[PDB]
Amino acid sequence: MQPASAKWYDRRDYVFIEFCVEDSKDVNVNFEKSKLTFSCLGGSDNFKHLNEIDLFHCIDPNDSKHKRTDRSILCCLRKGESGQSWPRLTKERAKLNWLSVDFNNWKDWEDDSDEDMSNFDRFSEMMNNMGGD
Amino acid sequence: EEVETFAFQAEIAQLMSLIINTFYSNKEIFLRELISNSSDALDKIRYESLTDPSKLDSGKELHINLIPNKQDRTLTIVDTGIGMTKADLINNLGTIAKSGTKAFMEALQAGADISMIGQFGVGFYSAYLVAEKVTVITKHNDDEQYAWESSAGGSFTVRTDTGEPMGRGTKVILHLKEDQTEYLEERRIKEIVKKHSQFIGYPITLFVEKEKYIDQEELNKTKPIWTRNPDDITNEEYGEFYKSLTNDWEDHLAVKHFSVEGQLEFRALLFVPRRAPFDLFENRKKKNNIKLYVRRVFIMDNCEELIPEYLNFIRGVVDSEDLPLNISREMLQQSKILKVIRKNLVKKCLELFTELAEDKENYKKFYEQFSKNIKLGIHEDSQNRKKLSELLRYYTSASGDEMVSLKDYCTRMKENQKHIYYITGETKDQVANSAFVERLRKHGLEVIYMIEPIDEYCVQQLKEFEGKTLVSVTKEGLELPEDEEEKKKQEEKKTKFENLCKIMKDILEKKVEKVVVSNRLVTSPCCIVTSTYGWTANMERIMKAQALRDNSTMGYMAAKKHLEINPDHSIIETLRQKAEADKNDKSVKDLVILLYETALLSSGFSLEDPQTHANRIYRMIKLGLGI
Amino acid sequence: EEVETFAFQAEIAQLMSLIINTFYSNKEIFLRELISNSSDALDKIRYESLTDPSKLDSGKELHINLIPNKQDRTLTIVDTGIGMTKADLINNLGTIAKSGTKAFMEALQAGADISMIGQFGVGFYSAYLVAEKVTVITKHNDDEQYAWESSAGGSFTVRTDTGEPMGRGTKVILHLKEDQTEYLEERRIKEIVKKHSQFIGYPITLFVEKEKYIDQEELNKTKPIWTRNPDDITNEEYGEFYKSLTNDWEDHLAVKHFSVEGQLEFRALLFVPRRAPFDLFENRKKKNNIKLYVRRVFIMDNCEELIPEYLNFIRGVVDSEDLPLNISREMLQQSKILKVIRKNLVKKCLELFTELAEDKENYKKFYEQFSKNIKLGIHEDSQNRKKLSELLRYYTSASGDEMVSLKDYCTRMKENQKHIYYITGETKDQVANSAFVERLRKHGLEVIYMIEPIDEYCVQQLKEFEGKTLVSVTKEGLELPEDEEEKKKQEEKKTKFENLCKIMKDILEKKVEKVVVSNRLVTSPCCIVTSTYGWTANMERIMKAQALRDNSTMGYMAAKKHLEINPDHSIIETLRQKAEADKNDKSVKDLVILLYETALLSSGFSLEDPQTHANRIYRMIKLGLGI
Amino acid sequence: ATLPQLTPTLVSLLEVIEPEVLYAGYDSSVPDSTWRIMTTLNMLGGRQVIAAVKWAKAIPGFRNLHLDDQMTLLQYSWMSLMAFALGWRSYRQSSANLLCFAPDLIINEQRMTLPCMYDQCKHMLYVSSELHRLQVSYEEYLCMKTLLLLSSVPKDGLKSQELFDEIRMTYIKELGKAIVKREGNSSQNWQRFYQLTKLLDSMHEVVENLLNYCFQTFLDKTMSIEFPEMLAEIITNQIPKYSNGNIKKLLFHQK
Ligand SMILES: Nc1ncnc2c1ncn2[C@@H]1O[C@H](COP(=O)(O)OP(=O)(O)OP(=O)(O)O)[C@@H](O)[C@H]1O
Ligand SMILES: Nc1ncnc2c1ncn2[C@@H]1O[C@H](COP(=O)(O)OP(=O)(O)OP(=O)(O)O)[C@@H](O)[C@H]1O
Ligand SMILES: C[C@@H]1C[C@H]2[C@@H]3CCC4=CC(=O)C=C[C@]4(C)[C@@]3(F)[C@@H](O)C[C@]2(C)[C@@]1(O)C(=O)CO
Ligand SMILES: [Mg+2]
Ligand SMILES: [Mg+2]
């Protein structure tokens, strides 16, 4: 078997992993508190894929889910601790050749700097947030 | 219902055209594409040889050759890298978006220390930006030597080669278009390589016919050193790197070497030069000197987004293993990335300056060249004002010729000082001998001298330091620690001179906002100070000379002038007596105007209609001479 | 030998991924692209209906609708254009880089007046930057209604549709990704359409539910008018276009509408606003309000390449039918083109300014707002310097309150004037009443008054006007159209005052270069002029206040001072007599210094240590008062 | 040579522009009377408004508005601006219990016996108290004052409406800068924003009550309350617009 390539990014509450298998079959996703296992048959050659990810920080497997589309399989993991920083996806620091950051959906979400406050749309959100103070 | 399913297709003819005509804007980049492919080929063979040394039996030297030929318009590039088998030659050069490099990396076992350039699959074809035809000769350890050939006409051919054996490797021959022949010039080749591909791990040699013999010049002599652990690099090594990077002759003054880990990762080297260049802020077109590289290939340089202008004197390199590059590989898709890099670069520069500041002699050298950049940063960077202010140095009334920090000032404050006092002006001597500090000096209070035009913008944003407010000694309302007896005496003086304050105001009309009795003068009869907010005399004269200014606003914005009287001066006392005796005495009127104008000049204000002033002086002279 | 021939292939999966992930840096463009496709569809049906009107029996309106749906989290774009047959859905959407628009154009007989937007064949797939599934419903006059569907998984499907008939047209439904819902907002859609597609020729209507109906709003209400023959456009029409484009509440001051034909073609509209914007110079991010469009689609703005900085107040549009664009359609290939466009825009701007200047009082209005821009242009633009100089207007000693041209000055010159006299300074009156022009006025010679700081830069480039050089009245030596008798008298005076001059020079060691007898003063005693090179008193004053300046050159360009004596002044004669009687008489030393210092105030210099000057005065006052 | 530029901030320009405090010219030997006091204040108010006009004209970007819009904005908000000026002066010399109309005209509770000062002053004092509670800085003050000028527009819009909104945004950003420089957590900068913003919205209420009173004394000639002509003209022209609901109040916070 071989790992599927994948991309990832996160947000304050969730971690997102996209397994880039087109025309996937028999997709099996196992969400455990400290581990994610992906298993998939797929592509034109029915190649068997396997990705065992020992996670950086624990998640809530009961608020985790995935959606299969013809283009890719997207997994959404719930962070065990909201606001937790995830500098890397895995527990170990070795680079995995098949894993990369999904820069197109990357956001520096952990950034509350005093950018122009308005920015009306950003502003309105912040006024609605301050409205709850 | 019935639903038909189809696979996606592509039109090869148009696809080939788009690659050639719409993907790349700079024709010369074809050279870096070919060089990059070569460095990958070399890494592949090097990697394999790690577990199987027989892989290099076919040749052990890993290098790149460039051989222009003006006698037959071609340019040949030669590798000793892994090469291609017939099957690979067909699938990889044969398929528009196929990347063998990408597949190889995916196949590799982690954590092999391999970093290759080449995830798109499209780039070989950039050869046709300048070439009419391309011929590729290859030899792989597991196969026969073969020749591939194409004019990008929708087809290509493969034949078994008959030429000299290469052992292992590739040869790429570009048959150039007749109108793209500058690429055969030694000068042009050197410029291209130096700009885009000098930090490549394999040596690149340029072969040039001269009078005959062929010269052989290595181009990439400098190694990237930023890839090394910072603790293993000596200053001499940093210095040599610096010099070849910047074409200096002088060494560097200071350097940081650091890395950032996380979802977005990078390494960087930042150098502070020993002399400010001479064009800072005047060049206008050139903004920063930080170059950005990805897996040591140059991507961009004159990017405003990486560094705030106030740090436009830092020379340096940023190198990242993984960034979201554009198809042309000349820019990034996500501008949000630059913002992060910038936050980190600024933070580290400030750490460097702080560290540098511990070395008093080197700091002095630094400050003398870049104090304007610090002050500018205070004006513009609201996030770091707190830290930047500790890097400031000023001459003070108690420092002689040393420049001292604000903390140093603070350590000498008297117990009853609540304020840090300062004066601004044109020169050190104009301020030092100014009337405005006569009492402060008498009482032993230290005053900071700020004498650069930029200081007006800077001090405006400081307001306080470590809880002590800053006070301008040229503004109204100056307060000194004071005794009770002195305060009582001042009130008596204010009372007895009330009549001059009124009379003088009536004489001056709109030339002054008010006339008051001074508490800051000792020997000068009077001075002019400004209101608490906004402009001071120096800000005013500066604004008036900025040339690209809105003239219509200068009709509203002006310093508000207040005249202060020294109650103990002999001129003032005889004036009081005369003025009370006769409110309309011509002598009084003329003296008041003369004192006003004199004060106005000594207080730093431009005098309107100086000819009138001069004429008064001339009359005094004529009188003295008996004319 | 045996040579095998092969065709090029893809790697559709990778190709699809590059289009989606690497080609486009922004996302908003997905709307830009889908609208452009509808525009082409509409032009195609319109075109065909010209020879066969029955083609519109299926519908007469040609328009585009945008319908967001927040319950479905979809966005639908509805066209009424030509549609697609089953065969076209498969061939045009199922093939990457296939382009129906391109083929259509190739099949047309020239010069059909149709110009479509589209060549590459990949823009459709930009849909997947924000989708999720994409569903396309089409109806062509020659076929059944069909539904195409794909999620870009390597395949797509086609089925005969079963839902509501469209008559004729295309419906594109984008399902959106969960976090792309911002594109369903009314505000966001309007911003995008206005930015990129406001000049699409077919009306675009946005359908938004509001409290309990759908609000139907047309967005592209303003037609491009630059496509019309200039002679058919009234000023009122230009006015409305202008206001719509800039949001001004008032009409333009002037407009130039022109076109360029040749290997490079374009049309353009350049407008001159009635008021300079505030922050014209000060906004450092927005420069050059010239937008570039290609075939009515916005490509770029705020590009430093299109026009010089000094013309940044001009608002306008450049629209070109065939420029070579980048695959992203965000930038132009062959950037050298922009230099040609720039050359043409500048000469036409100058043409407009000249026309305004030729006969309107409106020129005064123009100049009042933009004279700074002209002067700046003189400083930086050498090629057009002669033209620019004729647009200048100045106050002069003979103009009262009018500003006049250099040609007017020339008209009034005396037959013996070989020079144009001018003075620079701080204010109109400070200059007009200056000692430096006393004799020129006596002789009836006109002097130009230059009182803006920018003028000091302008005059460093202007050396002559129509062969007559410019001379500053504050320089080292003037040629005046004197009589021969006057010349010998001047020599007699130089002789009798030679002893005084050497005495004064010793008193003033290192304050002056020399002391000489004046030929420019009438009633004023001495004054100070500067050496031919370098800086004038006013230039020095200005340079010292620029803040971001290199202080090391202040001791270099400072220039030198010369003191000039009025031989007929009564102070000077008294002084000569005393000075010759006793060279070391203290009262002479004191008088000489006072005159020197006074001369520096009349001439535009600051005093160093002005406190000393003040003290000299205070002593004179005390003597006068009997203290 | 080259011409690199460095510009001042808007706030500093506002510091320069801001007018001086005027004296009432009140003769302190004159005994209190409700109408003597109100007349003195109306005459002062006249002078202050004249200055306000001069002030507004100097505000960067204001001058490029259609002239008719400039006049409209000044009349619609003149009362708001005066309430802030009063706030500031009282706050800065607080004395939470006194109103500082002018030097000399410092009014305490025992002087504040006019039936309107025994009522409407609750609003005038409110503004002072809020500035106090929030410890408002001078720079914040100036920024807010400027925004009050832009808080009320005709319901039918301005002739130069697009520019109006651009200008408004400029000053909004400046406020934020004045807040941010106070340092602290980003959430604190947002709280402070929020709170100051709430204060501005609350002044519409303050003004409404004060105007209702103003109109009543203006029109009711029974009382010996005099007005300078300029204010009388402004008041006359605003009463019918005010009363018809032709004026739109802009809020930062909807509720
Ligand atoms: N000199 C060479 N030696 C061995 N293999 C080569 C050489 N040049 C090209 N190749 C092969 O051809 C493939 C295509 O290379 P090309 O430069 O077109 O794309 P790339 O490097 O994969 O993409 P990119 O545009 O990102 O650089 C490579 O992946 C590699 O397998
Ligand atoms: N709304 C539509 N109505 C009719 N035909 C369409 C529509 N949208 C797309 N097409 C067809 O699909 C083809 C592909 O369009 P696409 O937008 O991908 O490329 P393009 O416009 O040709 O290229 P470019 O990237 O240069 O805009 C078109 O050439 C056209 O024939
Ligand atoms: C209650 C109202 C509100 C008052 C005003 C509130 C704002 C203000 C602040 C000052 O610093 C000077 C005058 C004014 C501008 C003002 F104090 C007076 O004009 C009188 C005034 C209109 C009022 O007292 C009357 O209605 C009297 O007729
Ligand atoms: Mg390559
Ligand atoms: Mg298209």
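Letters A, B, ... are given to chains in the order of the sequence lines, protein chains preceding strands, and every chain is numbered from 1. Whatever order the structure lists them in is the order used to number ligands and atoms, beginning at 1. The header says electron microscopy, 2.6 Å.
Lab note: main contact partner of ligand 3 (name per the PDB entry) = Glucocorticoid receptor. For ligand 3, the recorded drug is dexamethasone. In contact with dexamethasone at heavy-atom distances under 4.0 Å, by letter: D. With D:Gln216, D:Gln48, D:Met79, D:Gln120 as candidates, the residue nearest to atom 12 (C) of dexamethasone on a non-hydrogen basis is D:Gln48. The protein heavy atom nearest to atom 8 (C) of dexamethasone is D:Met82 CB, 4.0 Å. Interface of D:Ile225 with dexamethasone, defined as ligand atoms under 4.0 Å from a residue heavy atom, comprises 28 (O).
Most of the interface of chain D with dexamethasone sits in UniProt domain NR LBD. Looking from atom 17 (F) of dexamethasone to the surrounding protein, the closest heavy atom is D:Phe101 CE2, 3.7 Å. Nearest protein heavy-atom contact of atom 28 (O) of dexamethasone is D:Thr217 OG1, 2.9 Å. In terms of protein heavy atoms, atom 13 (C) of dexamethasone is closest to D:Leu41 O, 3.5 Å. The nearest protein atom to atom 1 (C) of dexamethasone, hydrogens excluded, is given as D:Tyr213 CD2, 3.7 Å; this is a heavy-atom distance. Residue D:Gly45 approaches dexamethasone through these ligand atoms, each under 4.0 Å from one of its heavy atoms: 13 (C), 15 (C). Organism of origin for chain D, per the PDB: Homo sapiens. Protein heavy atom at the shortest distance from atom 22 (C) of dexamethasone is D:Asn42 OD1, 4.0 Å. Residue contact check: D:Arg89 has heavy atoms under 4.0 Å from atoms 10 (C), 11 (O) of dexamethasone. Nearest-heavy-atom check against atom 3 (C) of dexamethasone across D:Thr34, D:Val206, D:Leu210, D:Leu44 picks out D:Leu210.
Around dexamethasone, within 4.0 Å by heavy-atom distance, are found D:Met38, D:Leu41, D:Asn42, D:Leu44, D:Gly45, D:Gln48, D:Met82, D:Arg89, D:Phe101, D:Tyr213, D:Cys214, D:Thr217, D:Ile225.
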